[PDB]
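Below you'll find the structure, written out as C-alpha cells, and then a few comments.
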Amino acid sequence: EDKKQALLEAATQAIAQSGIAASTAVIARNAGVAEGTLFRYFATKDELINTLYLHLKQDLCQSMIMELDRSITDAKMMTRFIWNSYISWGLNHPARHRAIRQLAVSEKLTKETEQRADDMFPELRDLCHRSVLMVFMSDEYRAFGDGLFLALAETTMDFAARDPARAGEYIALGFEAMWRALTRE
Amino acid sequence: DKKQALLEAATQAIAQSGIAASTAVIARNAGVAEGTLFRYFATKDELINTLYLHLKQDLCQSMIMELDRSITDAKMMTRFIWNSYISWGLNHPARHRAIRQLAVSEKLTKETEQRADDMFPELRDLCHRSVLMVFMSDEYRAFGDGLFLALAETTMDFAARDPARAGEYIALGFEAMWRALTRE
Ligand SMILES: Cc1cc(N)c2ccccc2[n+]1CCCCCCCCCC[n+]1c(C)cc(N)c2ccccc21
C-alpha cells in the first residue's frame, strides 16, 4: 500500500525527529490519513517499531547487497565493502538512519523481529564466523561485538558527514581501527 | 551559584539533545532566562569550551584520584585508567554524554584543548608514546578521541544494562580499545 508506505515514511521522519515516543497522531496527520487508518496497519506502537525497523533494515541491506562485488574473494576486502556500504547508506539517508537507530535501541524489538532481519543477508553471517574473534561470536558477547562495530561505524559517520573534505580518510581510518579491534590474528 | 547553574543545565540539555540544544532551553532548564545565560558566556561557542573544561576537569580529578603508582607496567597502567573512565561514565551518564558531544563539535578552541591535556600531564605523555601516530596528528586527533569515546560509551551501555557481566564487557572493551588505537 502506497498508504502503508506513506505511513512508514512519515513514521521514519517523525521518529527521526522525535524518537520512538513520536505521537501516533502526528504520524497520521503528516501521512494525510486519520489516526484510525494507521491503527489498521500497525495494531500497536510496538508493532510499528518492529515493522519500521524491518523496512529500514531491508532498505539498508538492499544497498549493501547491490554494492557487493561477489568476485571479491578476500575477507578483509569483503568487510571493507560492507563497512563502506553501511556508512554511505547513513550519509545518504540521515532520517532512515536516525530512525533505525532509535528502533534498534528501543528495547521493544521481538526476537522474531531479530531473526527476520538476518534472513535479509544470510551470507553475511558467513563473514563474521571467519574473521571475528571467537568471543565476539559467543552467545554472551556477540551483541557486544556488533555494538563495538556499530559505535565505531557511527563515529566514522559523524566525522565523514561533519567534515566531507576528509570522509575517505575517516572511513579508511575507521575500518582499520575496527579490523584490529574485532578481527582474528 | 552563578555560572555553576547554567553548566549543569547545559550538561543535561546537551546530553539530552546534542550540541544543537538551544541557549533558550538551557536557560529554562536552568531557571534564568536566555538573556541571563549570555551574561555568563559571551557566545555559545564559549559555553561549549567552558563546559568541556568543567567536565573534563571533573573526570581527570577522579582518574587521578584513583591511580596507584605501584602499578608500573604500562599495559596494566592504562587498563587501571580505562577502568576509572568506565566508572565515572557509569556514575554520571549525563556528564559523559555531554563530554562526548563536546569532545568533537569543532568549536573547542586550541587553548581549550591544550589546557585539557595539561590537567593530567602523565596520561598525556602515556598517550603520545603508545598510540598510532595518525591519532596524535592535528587532523585526526579528534577522530581518535571519537573512536575511543565510542568504544568506552559502548562498554558503559552493555555493562550498565547487564551488570552481571560488567567486568567482562569492561575487559573485552579494554582489549578492543587497546588493539584499535594502541601499538606493539
Ligand atoms: C544505527 C544503529 C546503532 C546501533 N547501536 C545499533 C545497535 C544494534 C542494532 C542496530 C543498530 N543500528 C542499526 C543497525 C542495523 C544493522 C546494521 C548491520 C550492518 C552490517 C552489520 C555489520 N556486521 C557487524 C554488526 C559486525 C561485524 N563484525 C561485521 C563484520 C563484517 C561484516 C558485517 C559486520
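Here is how names work: the chains are called A, B, and so on, in the same order as the sequence lines, proteins then strands, and each is numbered from 1. Just so you know, these numbers use all the heavy atoms, side chains as well, and skip hydrogens, waters and symmetry mates. Atoms within each ligand, like the ligands themselves, are counted from 1 in listed order.
Per PDB records, the drug at ligand 1 is named dequalinium. The main partner of dequalinium (ligand 1) in this structure, judged by heavy-atom pairs under 4.5 Å and named as in the PDB entry, is Putative regulatory protein. With a cut-off of 4.0 Å on heavy atoms, the other chains touching dequalinium (ligand 1) are A. When only non-hydrogen protein atoms are considered, atom 19 (C) of dequalinium (ligand 1) lies nearest to A:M64 CE, 3.4 Å. The option from B:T154, A:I82, A:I100 that lies nearest to atom 32 (C) of dequalinium (ligand 1), judged by heavy atoms, is A:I82. For dequalinium (ligand 1), the atoms lying closer than 4.0 Å to a non-hydrogen atom of A:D146 are 25 (C), 26 (C). Each of the atoms 1 (C) of dequalinium (ligand 1) lies under 4.0 Å from some heavy atom of A:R101. For atom 27 (C) of dequalinium (ligand 1), the closest non-hydrogen atom on the protein side is A:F149 CD1, 3.5 Å. Looking only at heavy atoms of the protein, atom 31 (C) of dequalinium (ligand 1) is closest to A:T79 CG2, 3.5 Å.
Residue contacts with dequalinium (ligand 1), taken as heavy atom pairs separated by less than 4.0 Å, involve A:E154 solely via side-chain atoms from C-beta onward.
With hydrogens left out, the protein atom closest to atom 6 (C) of dequalinium (ligand 1) is A:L150 CD2, 3.4 Å, a heavy atom. Contact annotation: for A:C128 versus dequalinium (ligand 1), heavy atoms closer than 4.0 Å belong to the side chain alone. Ligand-side atoms of dequalinium (ligand 1) in range of A:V132: 28 (N), range being under 4.0 angstrom from any heavy atom. Atom 12 (N) of dequalinium (ligand 1) has as its closest protein heavy atom A:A104 CB, 4.2 Å. Closest to atom 21 (C) of dequalinium (ligand 1), if we only count protein heavy atoms, is A:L124 CD2, 4.4 Å. Under the 4.0 angstrom criterion, atom 8 (C) of dequalinium (ligand 1) counts as having a protein heavy-atom contact.
Heavy atoms under 4.0 Å from dequalinium (ligand 1) belong to A:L60, A:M64, A:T79, A:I82, A:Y86, A:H97, A:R101, A:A104, A:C128, A:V132, A:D146, A:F149, A:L150, A:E154.
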